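A structure with imipenem (open form).
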Number of protein chains: 2
Amino acid sequence: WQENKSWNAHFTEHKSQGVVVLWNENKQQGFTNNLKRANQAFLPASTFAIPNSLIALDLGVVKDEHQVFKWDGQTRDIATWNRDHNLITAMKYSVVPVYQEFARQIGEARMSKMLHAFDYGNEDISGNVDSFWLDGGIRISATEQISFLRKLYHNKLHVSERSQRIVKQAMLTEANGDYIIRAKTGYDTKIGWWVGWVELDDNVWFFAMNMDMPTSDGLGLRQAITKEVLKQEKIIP
Amino acid sequence: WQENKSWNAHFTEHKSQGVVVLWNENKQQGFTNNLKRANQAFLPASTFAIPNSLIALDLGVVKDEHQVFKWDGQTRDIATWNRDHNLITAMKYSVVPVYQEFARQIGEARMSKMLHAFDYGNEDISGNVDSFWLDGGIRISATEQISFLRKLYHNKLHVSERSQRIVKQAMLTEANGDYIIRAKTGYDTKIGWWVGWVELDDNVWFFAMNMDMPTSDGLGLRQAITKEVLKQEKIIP
Ligand SMILES: *C(=O)[C@H]([C@@H](C)O)[C@H]1CC(SCCNC=N)=C(C(=O)O)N1
Ligand SMILES: *C(=O)[C@H]([C@@H](C)O)[C@H]1CC(SCCNC=N)=C(C(=O)O)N1
Ligand SMILES: [Cl-]
Ligand SMILES: [Zn+2]
Ligand SMILES: [Zn+2]
């Protein structure tokens, strides 16, 4: 691990504070603007959709990425949530009601055992099974996110290879002639997350970032700040 | 099937001739500028990488999308070919030596049976096992390409679901907040191919196009012409 304090300019020039963590897979080396905050644990918020979807698929709660989850008919504030979804669109739109339904069907016992087998964060599901990742006791740091993501990339998590490929499919966010990004956003009204990886021809760069997000105004800064670091480091054009 | 002769403006305004075929999955309806050429069979050229990779994976010739195929040490004219590749980069760079090696390991007997089970084109492997898709007798039309692609999308081809997901992963070409394109290019010095599909939130549009390509000058017109039709039809922004 290597601290590059010069990356802080990417946060400060947007009047922002936070951390970006990168991991070069081929070289087994990591880089961050702030080593301390890189190991500070936070609520995972919607980034928990990754472990949640893996367990749901492995347990048969979800059949595949095109199976339809019917909207329960309760209208919620996020307009995109009030409709039928599959795994692809549930991830893209961070559709909490779908993931709460996943968690209820999984149950507390299977959830806790599976998170332990994943070595995910602090492994604490207290106390609502359908809302612990939002307002309970589970916490994960940026470096622990990368640790979890590396296992998923290599199909080394303690679930079926098929479950892992399907979740990696659903993580697809961006792709062009130079790179592929699979990732997941999160927001809990206090902090904002962006965790994933960048696939290249001959390497992969894992990333985890979070930042203070007092208001929804600048949620877009999560992706923008990350891409500016990737550009600076010549990872993407 | 419905012929929209107005799409020909997309070819003629580039001094080009060819066909674009689209298929609306949700509505089960197809559209093309030229119904005749839509059913005209051509050499598949590098688009054969899709069936070839499926059979190789199902037979164990390829383990997964990150397994390394060592370059044989013969330098060929395409600079990108003279190096180690995996399934991802073999598809992106259309690396013929890798696919010829696949075909040799598969063999004529298994190749012919598998193409028949796929109902792929005319199902004629004459006569070089490692070069028939380039200069042999196999031929496929644009509508037959879509027929093959629909089965792959639904995991309905006569191979493992795992093999089909891995090939669909390797077909990834482009992705943003509005759509995902999985596809494969082809070029045989006479005609140029672009076959695949566009994934949306709630639908999929399959496509197959080919055009006369006398010189390498305008290979980029394959993607450009296709995207202009998609834009005209309000499939992508
Ligand atoms: C997850 O972190 C949250 C949810 C649990 O509060 C969802 C909600 C949002 S913002 C809603 C509007 N979307 C704007 N893009 C996100 C998010 O990551 O943006 N995740
Ligand atoms: C497949 O159709 C051919 C090969 C069998 O001749 C390959 C070669 C090319 S062009 C080589 C340089 N690349 C430019 N982009 C393609 C192609 O589809 O572009 N496929
Ligand atoms: Cl994918
Ligand atoms: Zn076990
Ligand atoms: Zn059979």
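Each chain gets a letter, A, B and so on, in the order the sequences are listed, and its residues count up from 1. The deposited model was determined using X-ray crystallography, 2.0 Å. We use all heavy atoms of the structure for the numbers below, so side chains are in, but hydrogens, waters and symmetry mates are not. Counting convention: from 1, in listed order, for ligands and their atoms alike.
- Here, the model contains imipenem (open form) as ligands 1 and 2.
- Per the PDB entry, the macromolecule making the most contacts with imipenem (open form, ligand 1) here is Beta-lactamase.
- The other chains with any non-hydrogen atom less than 4.0 Å from imipenem (open form, ligand 1) are A.
- Site of imipenem (open form, ligand 1) with heavy atoms closer than 4.0 Å: A/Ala45, A/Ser46, A/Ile78, A/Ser94, A/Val96, A/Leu134, A/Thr185, A/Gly186, A/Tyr187, A/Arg222.
- Applying the 4.0 Å criterion to heavy atoms of A/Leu134 picks out, from imipenem (open form, ligand 1), the atoms 5 (C).
- The deposit lists the origin of chain A as Enterobacter cloacae.
- For a threshold of 3.5 Å applied to N or O pairs, the pair formed by A/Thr185 and imipenem (open form, ligand 1) contains at least one separation below that value.
- Residue A/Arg222 has at least one N or O atom closer than 3.5 Å to an N or O atom of imipenem (open form, ligand 1).
- Proximity of atom 20 (N) of imipenem (open form, ligand 1) to the protein is indicated by at least one non-hydrogen atom lying closer than 4.0 angstrom.
- When only non-hydrogen protein atoms are considered, atom 15 (N) of imipenem (open form, ligand 1) lies nearest to A/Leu219 CD1, 4.7 Å.
- By the 3.5 Å distance cut-off applied to N or O atoms, A/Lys184 is not counted among the residues near imipenem (open form, ligand 1).
- Here is the list of imipenem (open form, ligand 1) atoms found below 4.0 Å of a heavy atom in A/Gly186: 2 (O), 18 (O).
- Annotation: atom 1 (C) of imipenem (open form, ligand 1) to nearest protein heavy atom, A/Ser46 OG, 1.5 Å.
- In terms of protein heavy atoms, atom 12 (C) of imipenem (open form, ligand 1) is closest to A/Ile78 CD1, 4.4 Å.
- Less than 4.0 angstrom separates some heavy atom of A/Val96 from each of these atoms of imipenem (open form, ligand 1): 4 (C), 5 (C).
- The contact set between imipenem (open form, ligand 1) and A/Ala45, taken as ligand atoms under 4.0 Å from a residue heavy atom, comprises 2 (O).
- Of the protein's heavy atoms, A/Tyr187 O, 3.2 Å lies nearest to atom 6 (O) of imipenem (open form, ligand 1).
- The deposited entry places the covalent bond of imipenem (open form, ligand 1) on A/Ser46 OG.
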